[PDB]
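Every chain is numbered from 1, with letters handed out A, B, ... down the list of sequences. Only this structure's heavy atoms are used, side chains among them; waters, hydrogens and symmetry mates stay out. Atoms within each ligand, like the ligands themselves, are counted from 1 in listed order. Header entry for method reads electron microscopy, 2.9 Å.
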Amino acid sequence: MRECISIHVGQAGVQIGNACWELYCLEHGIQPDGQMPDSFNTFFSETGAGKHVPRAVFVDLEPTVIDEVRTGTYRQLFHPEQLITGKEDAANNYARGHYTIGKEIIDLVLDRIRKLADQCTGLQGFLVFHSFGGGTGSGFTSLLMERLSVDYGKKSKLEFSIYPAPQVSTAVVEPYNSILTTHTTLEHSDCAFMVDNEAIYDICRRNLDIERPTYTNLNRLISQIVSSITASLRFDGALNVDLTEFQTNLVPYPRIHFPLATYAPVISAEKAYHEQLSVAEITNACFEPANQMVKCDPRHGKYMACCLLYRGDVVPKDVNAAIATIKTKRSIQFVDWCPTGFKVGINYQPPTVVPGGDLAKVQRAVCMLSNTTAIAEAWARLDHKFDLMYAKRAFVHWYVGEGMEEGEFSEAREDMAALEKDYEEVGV
Amino acid sequence: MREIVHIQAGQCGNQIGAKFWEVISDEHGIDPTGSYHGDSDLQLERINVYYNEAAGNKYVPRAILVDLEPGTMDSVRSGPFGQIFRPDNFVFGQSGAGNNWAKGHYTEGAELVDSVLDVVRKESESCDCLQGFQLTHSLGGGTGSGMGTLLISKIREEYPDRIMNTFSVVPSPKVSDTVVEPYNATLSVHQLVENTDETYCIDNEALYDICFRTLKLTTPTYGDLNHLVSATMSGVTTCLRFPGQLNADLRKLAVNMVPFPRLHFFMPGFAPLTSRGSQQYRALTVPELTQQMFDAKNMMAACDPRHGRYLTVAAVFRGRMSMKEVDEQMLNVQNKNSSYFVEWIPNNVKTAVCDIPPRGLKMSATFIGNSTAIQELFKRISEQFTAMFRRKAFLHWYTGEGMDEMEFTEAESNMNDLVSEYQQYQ
Amino acid sequence: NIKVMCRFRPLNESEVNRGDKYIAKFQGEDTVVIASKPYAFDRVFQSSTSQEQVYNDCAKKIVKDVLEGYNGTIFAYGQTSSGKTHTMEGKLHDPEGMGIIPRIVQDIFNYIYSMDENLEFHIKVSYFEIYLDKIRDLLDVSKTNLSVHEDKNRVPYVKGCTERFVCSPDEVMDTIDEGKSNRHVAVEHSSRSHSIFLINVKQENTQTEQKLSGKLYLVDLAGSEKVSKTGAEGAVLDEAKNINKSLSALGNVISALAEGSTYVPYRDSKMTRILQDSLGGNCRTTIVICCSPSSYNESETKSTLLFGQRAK
Ligand SMILES: CC(=O)O[C@H]1C(=O)[C@@]2(C)[C@H]([C@H](OC(=O)c3ccccc3)[C@]3(O)C[C@H](OC(=O)[C@H](O)[C@@H](NC(=O)c4ccccc4)c4ccccc4)C(C)=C1C3(C)C)[C@]1(OC(C)=O)CO[C@@H]1C[C@@H]2O
Ligand SMILES: Nc1nc2c(ncn2[C@@H]2O[C@H](COP(=O)(O)OP(=O)(O)OP(=O)(O)O)[C@@H](O)[C@H]2O)c(=O)[nH]1
Ligand SMILES: Nc1nc2c(ncn2[C@@H]2O[C@H](COP(=O)(O)OP(=O)(O)O)[C@@H](O)[C@H]2O)c(=O)[nH]1
Ligand SMILES: Nc1ncnc2c1ncn2[C@@H]1O[C@H](COP(=O)(O)OP(=O)(O)O)[C@@H](O)[C@H]1O
Ligand SMILES: [Mg+2]
């Protein structure tokens, strides 16, 4: 069988998971109580009385957001032992989430994951949702990833992260946590997807015509992307591509594994009409520099490989025509050592609409994941911020009072520099 | 779960605390008798932060009231909400401090601090997970300054891994009621700068200015001042007892706001503030709250932020609002006023959003700031201290209790070093 | 001015059987290359270096200066099994194996035995430790929470510390042994608290009626610990946190002094407050960092070299 285990660590991860699991329940016809009045085994397991329990683990060092989950409208969906909470949070500190407060609920989450993995035959991989720049999402994720790599090893790990934006920011100590966690995510992850909130704000404003968005809209978009990724495992169609095929067609060298995601069409109900919304029109919109979910224009870079995923009413002839038209253009550059740079997948299941949402009922959609050399701009900005703050050694006393030496900062900065010089040298 | 123990010292602290407890009880729907008459579950969801349960659905605050005279005690006990406090938590003596720092720190406060520590230790061992301590006092008096300083030292020695935040009323330049205020203020800062995690600076002059100008009040009394202070105290820790889109705790605010250990002196603020008869003409939106918060004439400390640069700013929001608007406002505030922010720290602002507004409002916000303009307060206190200390005036009231001139010189040097620390980043 | 020296040690027989490899490559006389990364110091010794050369290039000028009424400070940083004790104690009686402290006392008393008869000398010795941010006296265990105060000339000092008179090198060695008997040591012989030694040499000329006072500080620092790779729980973790914070504060003070900063944060730790008079101004301070060339100890050597480089 084909099954996935999802981990939602931190506030951002828990909220994204709320969106994701509402979406999956609506997709598979499962009521919030686990009763539906075989396409769900990837994300649900039967209990013998008709109830379905998600293969999810929710983690946080603070008892607040998980408590909202525990008394909300999905309180009878989750196993009470899957939602794990602590006493005091990491307080925007990597070290607190890594060791001092991390080494208290780590064994519990490990035991829960081991229990979940034993109840599934064909494990396919892990789906980890967290946030760079926080305490728990950066520190507890490093420890969790280290142990899982030690324990399971051969299974794939896919990470969905929130990266700091170039201008908009929430915390003051975000660069430190981001640098340390991006040093941790190189060795243990197998494929990393980064999305920043500023790009999604821009997408919401321009396309959906909402002037005052909140976190819920962002989480709905991210859930749509993840569902498009897992549709091939869940449902059936022509040219279905699973996790290992994505990895073997998207990662040229072992360290170059940081793709950029995009979705199309993000249209409103009013503008849903008055538009053809064909295969070619959807495909062309996935290469525009304003529809990217990271603040980086791919025109300042070269593509290496891209995997295109179609769900709905799509025919392969149209995909071939769209690929040919994209290949004709000049503003889109491909590296000279990848003459064939596309992986095509089609699924017959159209996207599902959620009540009380902004997206319109479309008949087809795409989700392009591409790894370019243009992903090194955001890293450069974050490194500049980090070095500016670290020259004066501000806020470093908070990190060393929790058992962290002062050489970790230099080591992580060196690792980031090495990674950037790789993405530059492989580009040429 | 993240409980806070509250201590009130002196007349000013006790009165501010009484107003604070009335406000908090109103927010949580608690009757004066200790009963619950609310209308929502979120009121009772996190009541353990500030209240202790009792038999038959009764709630007693986790407050400890300490003084050297019984007059404030029996003024508080007979008020509207005097029946809510535990009678065993009133600790008082009979001979007052007499506006003497030395007396309350060495002679009379030493014979009363064992009882206060006993009640604190009993109260703190009944907590499932302690988060920190709160102290309300005044630096310019005798019992507040000396006794609160001694209590802070003892508590920090006992619990060294906990938050200690204080709301200290600081002597004002143009408004004064004591002749020996500079001595007490200096000797109190000399200890606050070492045994505290984050101290909020308040002065009566700024509160009077707010009341006279913004609120258009005719005859303000201490009730209004204590009410403003209680509003900011409630706003600081709103994320410890209600849900929200972004959560910030006390340790989070300390981590983001304190770059170096000494620099932990803040100037609070609140929004909205309008006058009756002028609320119908004003629209309440996030831009209005942001505009009022960063105004120089809204801070509760008698310092002008334009005479200095912000090191960090913390903004805590209450209500239903968009995150895009908050981020945009907090970015354009820095972009438009780049000359008032430190250059080597990007993103000087931290944002927290809670989803339950104060009763009777749609939106609200509290402002915590860390600016180099706080150095002028210490400069005025030091000027007055040196003027009075050259002649050794009023100094035999202190050396008669067991003090020394070397203590005065050490406190002066510590204040000067703090001023030199802040002046570097200007 | 601040001088930073780095001394290495030869690989011992107990680790020559494990096939451990030398990692250090020496360029000239002021650099060491580890993992293809240069590390520049004022002078870098090698394994063939002798004790006398270390004394002549590290502590002779300070000893001569203190005798002229000035002040000086000598630090000593290293991980366990890195040569710290050999470089700053060595064989207590071997003329070719003695370290820095016995040589200093030898020179200081050879000066007295050769300076006329109109000069009177008195030597004061203090010895205390800093454990969990608390000053403790190693010559009298009764005192455990001493405090730091100031005199009229804002020169900080420790109030209540035991200060005893000595008249021969044997007495100084005896008091050093007595002090080391009560230092907090982990279960091979790892130190968990900083140790400070004060030798006060005051001379008064009877004829000219001129008085000179000099204080010499010898600090034995504890090493930083990476907690995530050790598994610290309980008191060990608290000690590790305190040590890391104190070492970072000392680095901040030294960097501020070297970069010519207007403000030097002497008040961010107990230790830097004590040494306010003997660190800045016209005082000579040297830092001796000891490392090992084994491949098994690459990370600790890197940490020590980085701490030494922080001084600059
Ligand atoms: C019709 C209407 O909207 O009336 C408002 C009002 O007019 C204004 C002017 C209120 C009013 O406040 C004052 O006049 C005031 C008096 C003394 C000290 C400080 C303020 C108000 O009294 C105060 C009151 O505030 C609250 O209800 C908050 O929950 C507040 N409550 C208390 O302070 C409180 C008072 C008595 C008993 C128990 C609690 C609060 C604020 C922060 C944290 C917790 C609670 C409000 C909105 C109003 C009135 C009634 C006129 C203002 O104050 C507050 C704290 O909201 C003054 O500027 C604001 C703006 C408001 O619009
Ligand atoms: N998309 C999305 N991003 C969020 C959300 N909440 C916080 N973030 C982002 O996450 C970062 C802050 O990290 P958090 O996840 O809130 O912190 P944490 O992981 O809970 O760690 P601690 O609270 O410090 O213990 C900021 O960049 C926020 O913009 C959310 O609900 N949705
Ligand atoms: N806000 C407020 N300030 C007060 C109150 N009473 C006194 N103060 C201020 O506190 C300072 C005097 O200290 P006080 O507390 O009266 O002396 P103590 O009783 O010995 O601690 C002066 O600056 C007063 O303006 C009060 O009820 N409310
Ligand atoms: N530079 C050196 N040359 C020769 N031997 C050395 C040197 N440094 C250390 N040793 C040997 O190491 C042994 C123990 O070292 P020690 O002083 O205990 O280090 P630490 O105190 O850091 O554990 C000594 O017996 C000494 O012979
Ligand atoms: Mg959180």
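The drug assigned to ligand 1 in the PDB is Taxol. The macromolecule with the greatest number of heavy-atom pairs within 4.5 Å of Taxol (ligand 1) is, in the PDB entry, named Tubulin beta chain. Chains with a heavy atom under 4.0 Å from Taxol (ligand 1): B. Binding site of Taxol (ligand 1) at 4.0 Å (heavy atoms): B/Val23, B/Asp26, B/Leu215, B/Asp224, B/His227, B/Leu228, B/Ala231, B/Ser234, B/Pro272, B/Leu273, B/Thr274, B/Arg276, B/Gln279, B/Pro358, B/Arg359, B/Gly360, B/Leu361. The PDB lists the organism for chain B as Sus scrofa.
The UniProt annotation of Mg(2+) binding in chain B and a heavy-atom cut-off of 4.0 Å around Taxol (ligand 1) together pick out no residue.
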